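Halofuginone:prolyl-TRNA synthetase complex.
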Amino acid sequence: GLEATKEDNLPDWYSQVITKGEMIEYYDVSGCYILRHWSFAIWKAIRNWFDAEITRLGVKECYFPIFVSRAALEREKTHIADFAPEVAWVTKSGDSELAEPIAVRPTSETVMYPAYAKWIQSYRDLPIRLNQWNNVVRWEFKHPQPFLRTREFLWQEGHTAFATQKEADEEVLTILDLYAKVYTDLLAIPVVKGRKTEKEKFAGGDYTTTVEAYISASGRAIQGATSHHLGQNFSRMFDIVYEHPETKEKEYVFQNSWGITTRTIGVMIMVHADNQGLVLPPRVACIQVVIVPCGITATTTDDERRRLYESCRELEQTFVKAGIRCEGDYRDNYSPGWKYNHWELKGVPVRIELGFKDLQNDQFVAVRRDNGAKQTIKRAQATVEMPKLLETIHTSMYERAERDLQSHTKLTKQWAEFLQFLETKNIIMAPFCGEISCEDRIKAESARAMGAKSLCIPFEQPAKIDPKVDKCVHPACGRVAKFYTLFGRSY
Amino acid sequence: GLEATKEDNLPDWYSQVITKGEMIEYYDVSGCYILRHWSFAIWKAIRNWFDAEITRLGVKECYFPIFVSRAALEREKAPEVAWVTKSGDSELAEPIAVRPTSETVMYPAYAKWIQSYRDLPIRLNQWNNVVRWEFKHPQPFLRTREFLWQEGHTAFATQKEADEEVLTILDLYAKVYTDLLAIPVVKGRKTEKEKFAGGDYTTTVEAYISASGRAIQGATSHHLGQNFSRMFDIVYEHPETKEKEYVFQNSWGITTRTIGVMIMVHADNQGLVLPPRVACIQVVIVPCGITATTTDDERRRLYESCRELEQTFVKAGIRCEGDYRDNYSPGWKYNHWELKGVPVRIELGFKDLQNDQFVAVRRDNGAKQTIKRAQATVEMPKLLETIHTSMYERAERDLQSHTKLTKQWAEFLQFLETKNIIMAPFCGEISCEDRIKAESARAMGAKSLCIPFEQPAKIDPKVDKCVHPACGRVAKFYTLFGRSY
Ligand SMILES: Cc1cc(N2CC[C@@](C#N)(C3CC3)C2=O)cc(NC(=O)Cc2ccccc2)n1
Ligand SMILES: Cc1cc(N2CC[C@@](C#N)(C3CC3)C2=O)cc(NC(=O)Cc2ccccc2)n1
Ligand SMILES: O=C(C[C@H]1NCCC[C@@H]1O)Cn1cnc2cc(Br)c(Cl)cc2c1=O
Ligand SMILES: O=C(C[C@H]1NCCC[C@@H]1O)Cn1cnc2cc(Br)c(Cl)cc2c1=O
Ligand SMILES: [Br-]
Ligand SMILES: [Br-]
Ligand SMILES: [Br-]
Ligand SMILES: [Br-]
Ligand SMILES: [Cl-]
Ligand SMILES: [Cl-]
Ligand SMILES: [Cl-]
Ligand SMILES: [Zn+2]
Ligand SMILES: [Zn+2]
């Protein structure tokens with residue numbers, strides 16, 4: 001059983017959910033966590049779905065080295081802030097100090113783009129569309145949290161180069177829509193699509209698009225994935241050029257990069273798990289249905305205790321043959337109540353209870369993990385009804401979370417409401433001038449990590465800004481509002 | 001085109017095959033290489049096949065961290081591990097190591113997860129990257145500082161379960177080589193000198209590179225017995241009598257070395273030759289007969305017919321692509337896809353179109369065969385099987401041609417200098433093996449490759465003795481020896 005509640009002590013409840021749910025094992029290297037099989041399976045489902053999508057689009061998979069040279073890391077950088085990256089440095093091999101230290105990759109721009117330059121010998125080599133499924137390392141000295149913010153993490157990073165800007169812009173949005181679908185269609189999590197402000201975009205790119213999710217327990221937002229248009233910034237840095245076929249001049253390609261991580265799993269937990277443990281979205285759950293025989297007594301029999309099991313096994317096999325990931329729990333040394341708790345902790349979407357009674361009556365009881373409701377299904381209907389049920393669960397889980405998100409997304413034009421909404425765990429849609437210094441003042445004034453940050457400029461604007469009358473929300477700015485921006489406390 | 005020959009200058013030829021075959025890009029950190037998509041697709045076929053296999057056996061996938069603490073590493077009881085000592089410009093309180101293998105990462109977790117008898121067995125696998133920072137000469141795919149692999153770690157209540165699993169995994173590795181890669185291998189047990197020092201015995205599959213004349217370990221599957229469980233206190237209490245029991249453990253691994261062996265065995269002086277079951281593209285269609293007088297409607301017509309055939313192949317599960325580029329001649333495309341090793345090239349011109357046929361050319365043979373279009377879906381798979389069989393059988397002939405059996409040291413050395421591997425009676429002593437290696441160099445001394453599961457004859461204890469003239473001992477078994485990588 002869980003020993004903390006999502007409302008009273010979120011970090012404790014989260015630690016208990018990931019350990020008692022057998023997702024994570026803690027490690028003696030801080031900021032790094034063991035992914036047990038139960039959570040790695042969810043990553044597998046996410047990874048395979050996304051890879052199939054981008055493969056169908058024409059991206060191809062490759063693998064570049066974990067180590068980056070110091071020369072490549074520092075390439076073409078001239079400002080002093082650029083020269084002390086927080087990368088992990090390998091300085092020796094056994095007892096031999098190395099000639100030149102080499103860095104663990106925090107991301108792979110620096111080692112892929114020299115190769116892109118070599119590989120693009122003419123305009124006919126374009127586009128180049130590659131992706132890696134790999135592990136990167138960012139050794140920051142802040143508070144790490146499993147899944148959400150770790151020093152080593154698994155991800156995919158796609159790096160694309162095109163002859164025209166139009167191609168690249170289109171791809172930025174196609175990839176962002178895939179990431180949105182990861183959250184909504186696989187994980188039943190609503191997200192907000194938008195552009196980062198100038199303050200929050202990737203500094204090496206032209207613009208950054210994002211999907212943001214909302215953690216109602218803390219009232220905080222978290223960036224779920226990212227999709228950048230780099231424009232020509234890196235092509236000019238790394239001389240990724242080709243000769244124009246018509247004008248014959250040297251032209252720089254247009255690039256994107258895009259990435260998503262195991263943070264997905266963290267968001268799933270933070271949004272869906274409850275005070276009894278995990279609640280797995282049906283489409284990624286390793287096991288969707290567990291069958292628990294019950295009604296066995298001390299004097300049930302032995303020759304009947306096996307009959308009940310036989311019927312449970314028959315139903316299990318039917319489910320598996322219908323494409324439903326199902327298992328039976330026939331362990332004799334654990335009570336049915338124990339098994340109930342154990343599989344609720346692991347968040348299996350449907351528990352089946354099957355007792356002698358219901359065997360007698362051609363039926364069984366299906367129990368939804370997300371809301372606890374029980375339903376009697378005639379065995380003849382198992383194959384028809386159980387898929388429908390799993391779809392319903394996904395939909396309830398999504399719509400539940402969506403209503404949460406919308407009821408805590410508050411539109412206002414008034415600074416006082418901005419502050420009040422922020423202290424009551426909302427995120428806020430407000431007219432915004434877009435300026436970096438104004439964003440700084442908004443953050444500094446809203447602090448009581450408690451200052452509000454911009455989350456994204458949402459593609460779906462809640463209303464149309466009137467450039468003629470609408471001003472920025474902050475009382476001391478006074479500039480024309482360029483758009484509505486989403487603000488909140490950012491995880 | 002390739003500018004070295006496999007039989008004259010093997011390393012230059014190898015480098016030209018992996019670069020012009022678009023497998024590898026060289027890289028400014030020595031001993032690490034970029035895997036382009038053409039080679040990574042091969043690793044992916046191997047990896048997905050092996051994973052489906054062990055998943056059906058009930059092994060489950062997990063992922064452990066790439067960093068190992070110094071204490072953890074030191075529990076194993078000098079090693080060329082890569083040490084992280086700084087983050088940015090802050091020196092770390094304690095240096096952490098890049099995993100060279102995950103025993104010291106995983107087995108503490110195992111000791112914790114095994115709380116009672118009912119938790120056994122534990123059978124976990126990871127697909128990950130490991131680092132071994134050796135200063136010896138590296139070679140792409142074959143010996144690298146960073147490599148991709150899978151490492152499996154299992155724990156059982158009894159030794160016999162574990163012995164069986166060792167053999168099961170070894171058999172899968174053999175199948176990767178023979179069935180996926182068309183490479184014959186010799187299953188065997190390592191000698192006491194060559195086994196993994198931390199286990200009880202090591203099993204292996206050994207392959208032979210005829211060009212080099214050298215043998216190479218293609219995979220490994222260890223029985224660790226109780227060594228590691230005693231080291232890491234991986235215990236349970238026996239349910240009746242409640243004595244403390246140490247679990248029995250195995251580990252097993254295979255790497256991108258597979259791809260290296262593939263090249264070394266099958267590639268030729270025109271480039272790669274991909275075994276059909278791992279080739280990312282199996283069939284490539286090249287449109288032929290386009291003159292400078294070929295009009296644009298006729299070019300559209302030929303391309304659309306090629307694309308129709310291409311998609312008919314893809315729908316029937318044959319991985320086929322068409323090369324519809326107009327800046328490259330048909331002959332250029334022939335050379336290009338030959339360098340890349342695509343098993344079948346289809347040549348489809350206008351005469352072919354009018355006769356409802358095409359020509360399929362085998363990359364391995366060069367042999368051409370005309371096929372009526374209606375029979376495409378039925379003949380093309382057969383051919384692909386034929387290619388696999390040819391490739392395997394060619395390699396197996398080449399391996400048995402280079403496998404020699406003797407009982408006399410003189411013939412043994414004559415064979416070693418003729419680029420052969422030699423089966424000889426052996427006592428199995430470490431000192432004697434050292435002596436055998438020492439008295440064959442003028443590394444080019446003779447090392448033991450494996451004690452083969454399938455012996456060439458019965459080492460009669462009353463008659464047969466060790467092959468070295470200075471060992472007086474009775475021969476325990478026939479051991480396969482040779483020069484190795
Ligand atoms: C698990 C995970 C995820 C992510 N990030 C980043 C943005 C992104 C998004 N969206 C990536 C583009 C895809 C994401 O998920 C980042 C991280 N570690 C870190 O920042 C390093 C760290 C370690 C300890 C404490 C503080 C910081 N750890
Ligand atoms: C690509 C690859 C493979 C393998 N090894 C090992 C044995 C094994 C087998 N069998 C593994 C158990 C599965 C194997 O494949 C090993 C390696 N690097 C190294 O030794 C590091 C190194 C670096 C430069 C020069 C010399 C040595 N690199
Ligand atoms: O990592 C990025 C940009 C993009 N890379 C491709 C996948 C998607 C991803 O958002 C931004 N970023 C983030 N963190 C970093 C940390 C360090 Br340390 C360095 Cl050197 C560089 C970076 C750095 O470039
Ligand atoms: O890595 C092994 C033993 C097995 N681990 C699991 C997968 C299969 C593999 O053969 C042997 N080995 C090989 N090379 C090593 C290099 C270093 Br450096 C260290 Cl510390 C340790 C080792 C080390 O333990
Ligand atoms: Br950034
Ligand atoms: Br990032
Ligand atoms: Br070893
Ligand atoms: Br090894
Ligand atoms: Cl696990
Ligand atoms: Cl590409
Ligand atoms: Cl590539
Ligand atoms: Zn403003
Ligand atoms: Zn001897």
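In the text below, chain A, chain B and the rest are named by the order of the sequence lines, each starting its count at 1. Every heavy atom of this structure was used, including side-chain atoms; hydrogens, water molecules and symmetry mates were not. In listed order, ligands and their atoms are each counted from 1.
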task = Enumerate the ligands or chains that make up halofuginone.
result = ligands 3 and 4
task = Write down the other chains that contact halofuginone (ligand 3) with heavy atoms under 4.0 Å.
result = A
message = I'm trying to map the binding site of halofuginone (ligand 3) - which residues have a heavy atom under 4.0 Å from it?
response = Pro85(A), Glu86(A), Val87(A), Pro106(A), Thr107(A), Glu109(A), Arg138(A), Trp155(A), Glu157(A), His159(A), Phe202(A), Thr226(A), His228(A), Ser257(A), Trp258(A), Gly259(A)
request  = Could you check atom 16 (C) of halofuginone (ligand 3) against the protein and tell me its nearest heavy-atom contact, residue, atom and distance included?
outcome  = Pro106(A) CB, 4.0 Å
request  = Taking only heavy atoms of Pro85(A) into account, list the atoms of halofuginone (ligand 3) that are under 4.0 Å away from them.
outcome  = 20 (Cl)
key: Which of the halofuginone (ligand 3) atoms, numbered from 1, are nearer than 4.0 Å to a heavy atom of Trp258(A)   = 7 (C), 8 (C)
message = Mind checking the PDB entry for the source organism of chain A?
response = Anopheles culicifacies
key: Protein heavy-atom partner closest to atom 11 (C) of halofuginone (ligand 3) - residue, atom, separation in Å   = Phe202(A) CE1, 3.6 Å
query = Under 3.5 Å between some N or O of halofuginone (ligand 3) and some N or O of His228(A)?
reply = yes
ask   = Within the structure, does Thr107(A) bring an N/O atom to less than 3.5 angstrom of an N/O atom in halofuginone (ligand 3)?
value = yes
ask   = Near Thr226(A), which atoms of halofuginone (ligand 3) are under 4.0 Å from a heavy atom of that residue?
value = 10 (O)
query = Closest non-hydrogen protein atom to atom 12 (N) of halofuginone (ligand 3), residue and atom name please, with distance?
reply = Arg138(A) NH2, 4.0 Å
key: Distance filter under 4.0 Å to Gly259(A) heavy atoms, resulting halofuginone (ligand 3) atoms   = 8 (C)
query = So is there a nitrogen or oxygen of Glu109(A) less than 3.5 Å from a nitrogen or oxygen in halofuginone (ligand 3)?
reply = yes
